[PDB]
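Quick look at a structure containing acetazolamide.
Just so you know, residue 1 is the first one in the sequence shown, and it goes up from there. Counting starts at 1 for both ligands and their atoms, in listed order. Just so you know, these numbers use all the heavy atoms, side chains as well, and skip hydrogens, waters and symmetry mates.
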Amino acid sequence: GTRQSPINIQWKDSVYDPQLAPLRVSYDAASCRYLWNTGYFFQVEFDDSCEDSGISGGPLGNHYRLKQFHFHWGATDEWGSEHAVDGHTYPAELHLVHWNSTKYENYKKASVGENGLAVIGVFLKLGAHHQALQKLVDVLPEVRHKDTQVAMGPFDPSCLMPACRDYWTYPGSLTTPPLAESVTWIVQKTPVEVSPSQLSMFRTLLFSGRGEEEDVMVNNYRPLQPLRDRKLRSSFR
Ligand SMILES: CC(=O)Nc1nnc(S(N)(=O)=O)s1
Ligand SMILES: [Zn+2]
């Protein structure tokens, strides 16, 4: 279609919209359930029954409930992010998926509908060890095979976001099938630092299940899509 993601976020295409309300992020860490290997990436799952865990403000018409969050990475530290910024790609990218509780009855239905989801994207960059990320890194050995899952304790995704909350927003799609154009994209300008050793662990996962021949999980990002005549607006100037 015309509203596909990811895209290369370029300065020349950005238009400051001073009308964008403050982005309110409030997650209920207690609603965290398990972490599992989908066969494409690893994803942390939440219990979306809580009407207070989610996001509001910014470009959203109402509150969107947190459902899950995952990551995308490449075979080396030189690439892996889905989105690029003026052509530069980062080692990996974190996606926090929220769904429209107001317009849809549930996440399954939200994910393929008109304004079903709002996804925040955080670029990860090599730097200092990230304390909150370690909690995830430690249980990765338990989910190295496709479809494997491990229970999770309380975890607040906000600990994964950068301090500065300046972003770009635009209409897009899912970056995995069905590639439905149901997403309002919120990408953070400021990348979060993580150490190499933490990033390396992501690469020990496998696309293959138990018994099957070992197929390493790397390069699980979709290639860049054309912006078309979509409005890439920024919350900063
Ligand atoms: C079921 C559902 O909605 N899953 C997702 N597919 N692609 C996503 S991403 N990579 O756009 O955040 S989310
Ligand atoms: Zn994603």
Practice prompt. Give every ligand number or chain letter for acetazolamide.
Written response: ligand 1
Worksheet item: Which partner chain accounts for the most atom contacts with acetazolamide, named as in the PDB entry?
Response: murine carbonic anhydrase V
Item to complete: Report all residues and nucleotides of other chains within 4.0 Å of acetazolamide (non-hydrogen atoms).
Response: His70, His72, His95, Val97, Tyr107, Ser111, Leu117, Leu174, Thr175, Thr176, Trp185
Item to complete: Measure the distance from atom 4 (N) of acetazolamide to every protein heavy atom, then report the residue, atom name and distance (to 0.1 Å) of the closest one.
Response: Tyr107 OH, 3.8 Å
Worksheet item: What protein heavy atom sits nearest atom 6 (N) of acetazolamide, and how far off is it?
Response: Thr176 OG1, 3.0 Å
Worksheet item: Which chain residue and atom does the covalent tether of acetazolamide reach, if any?
Response: none
Worksheet item: Does any N/O atom on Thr175 come nearer than 3.5 Å to any N/O atom on acetazolamide?
Response: yes
Discussion item. I'd love to know which residues UniProt tags as binding Zn(2+) in chain A are close to acetazolamide, meaning a heavy atom under 4.0 Å.
Written reply: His70, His72, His95
Discussion item. Counting non-hydrogen protein atoms only, what is the nearest one to atom 5 (C) of acetazolamide? Give residue, atom name and distance.
Written reply: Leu174 CD2, 4.0 Å
Worksheet item: Atoms of acetazolamide less than 4.0 Å from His72 heavy atoms?
Response: 10 (N)
Worksheet item: Can you find an N or O of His70 that's nearer than 3.5 Å to an N or O of acetazolamide?
Response: yes
Discussion item. Within the 4.0 Å heavy-atom shell around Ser111, which atoms of acetazolamide are there?
Written reply: 3 (O)
Worksheet item: Which other ligands or ions have at least one atom under 4.0 Å from acetazolamide?
Response: ligand 2 (zinc ion)
Practice prompt. Specify the UniProt domain of chain A contributing the most residues to the contact with acetazolamide.
Written response: Alpha-carbonic anhydrase
Discussion item. Please list, in number order, the atoms of acetazolamide under 4.0 Å from a heavy atom of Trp185.
Written reply: 11 (O)
